Undergrad: 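One structure, as structure tokens, below. Some questions next.
If you read the sequence from its start, that first residue is 1, and numbering goes on from there. The basis for the numbers below is simple: all heavy atoms, side chains too, and nothing from hydrogens, waters or symmetry mates. Both counts, for ligands and for their atoms, begin at 1 and track the order of listing.
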Amino acid sequence: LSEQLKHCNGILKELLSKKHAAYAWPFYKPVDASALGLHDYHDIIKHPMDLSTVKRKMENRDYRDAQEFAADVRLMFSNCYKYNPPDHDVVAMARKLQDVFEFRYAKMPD
Ligand SMILES: COc1cc(OC)c2c(=O)[nH]c(-c3cc(C)c(OCCO)c(C)c3)nc2c1
């Protein structure tokens with residue numbers, strides 16, 4: 001599972017790469033609810049998550065296994081699906097980035 005954590009890190013790097021930037025960018029940094037006018041965001045979302053936070057946790061060796069890492073990535077998408085009207089542009093972007101994630105996560109080495 002050092003090997004599994006390296007697969008996870010590879011996924012993370014891909015998610016942050018220019019390849020996916022057109023739909024990944026809203027996930028780069030924590031949602032700035034204040035800035036955006038989303039004054040209910042932190043009443044609705046108990047545990048914010050974003051790719052910069054996942055990167056910091058990987059860098060700090062916070063994740064002890066692939067499943068812990070995946071839980072944070074899925075939390076980030078679930079927060080998006082919870083908060084937003086399902087026709088919002090950001091939800092379309094979340095679906096696309098999550099397709100990238102789930103297909104490559106599935107290729108995890110034993
Ligand atoms: C700039 O990055 C983001 C990332 C986001 O999530 C990962 C979101 C997100 O979850 N919702 C919204 C968002 C923004 C506005 C101004 C909204 O009001 C529409 C008018 O009623 C709504 C419903 C959602 N913007 C994000 C921006």
Undergrad: How do the PDB entries name the drug found at ligand 1?
TA: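 That drug is RVX-208.
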Undergrad: Counting heavy-atom pairs under 4.5 Å, which macromolecule has the most such pairs with RVX-208 (ligand 1), as named in UniProt?
TA: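 The largest contact partner is Bromodomain-containing protein 2.
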Undergrad: Which residues from other chains neighbour RVX-208 (ligand 1) at a non-hydrogen distance under 4.0 Å?
TA: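 Heavy-atom neighbours of RVX-208 (ligand 1): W25, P26, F27, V31, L36, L38, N84, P85, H88, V90.
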Undergrad: For atom 22 (C) of RVX-208 (ligand 1), what's the nearest protein heavy atom and its distance?
TA: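 For atom 22 (C) of RVX-208 (ligand 1), the nearest protein heavy atom comes out as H88 NE2, 3.6 Å.
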Undergrad: With the threshold set strictly below 4.0 angstrom, can you tell me whether any protein non-hydrogen atom sits that near atom 11 (N) of RVX-208 (ligand 1)?
TA: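 Yes, because at least one protein heavy atom sits under 4.0 Å from atom 11 (N) of RVX-208 (ligand 1).
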Undergrad: I'd like to know the UniProt domain of chain A that holds most residues touching RVX-208 (ligand 1), can you help?
TA: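 By UniProt annotation, Bromo 2.
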Undergrad: Is there a polar contact, in the sense of an N or O pair closer than 3.5 Å, between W25 and RVX-208 (ligand 1)?
TA: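 By distance alone, the answer is no.
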Undergrad: Give the residue and atom name of whichever protein heavy atom lies nearest to atom 8 (C) of RVX-208 (ligand 1), and the separation in Å to one decimal.
TA: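 I find the closest protein heavy atom is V90 CG2, 4.0 Å.
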Undergrad: Report the nearest protein non-hydrogen atom to atom 15 (C) of RVX-208 (ligand 1): residue, atom name, distance rounded to 0.1 Å.
TA: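 Closest protein heavy atom to atom 15 (C) of RVX-208 (ligand 1): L38 CD2, 3.6 Å.
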Undergrad: For RVX-208 (ligand 1), which atoms sit closer than 4.0 Å to a heavy atom of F27?
TA: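 Within the 4.0 Å cut-off of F27, RVX-208 (ligand 1) contributes 7 (C).
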Undergrad: Answer yes if a protein heavy atom lies under 4.0 Å from atom 5 (C) of RVX-208 (ligand 1), otherwise answer no.
TA: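 When distances to the protein are checked, atom 5 (C) of RVX-208 (ligand 1) has a heavy atom within 4.0 Å.
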Undergrad: In terms of residue, atom name and distance, what is the protein heavy atom nearest to atom 24 (C) of RVX-208 (ligand 1)?
TA: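 Result: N84 OD1, 3.1 Å.
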Undergrad: At what distance is the nearest protein heavy atom to atom 26 (C) of RVX-208 (ligand 1), and which residue and atom is it?
TA: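 It is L36 CD1, 3.9 Å.
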Undergrad: Looking at the entry, what source organism goes with chain A?
TA: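 The entry lists the source of chain A as Homo sapiens.
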Undergrad: For RVX-208 (ligand 1), which of its N or O atoms have a protein N or O partner closer than 3.5 Å, and how long is each gap?
TA:
{"from": "RVX-208 (ligand 1)", "atom 1": "10 (O)", "to": "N84", "atom 2": "OD1", "distance (Å)": "3.4"}
{"from": "RVX-208 (ligand 1)", "atom 1": "10 (O)", "to": "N84", "atom 2": "ND2", "distance (Å)": "2.8"}
{"from": "RVX-208 (ligand 1)", "atom 1": "11 (N)", "to": "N84", "atom 2": "OD1", "distance (Å)": "2.9"}

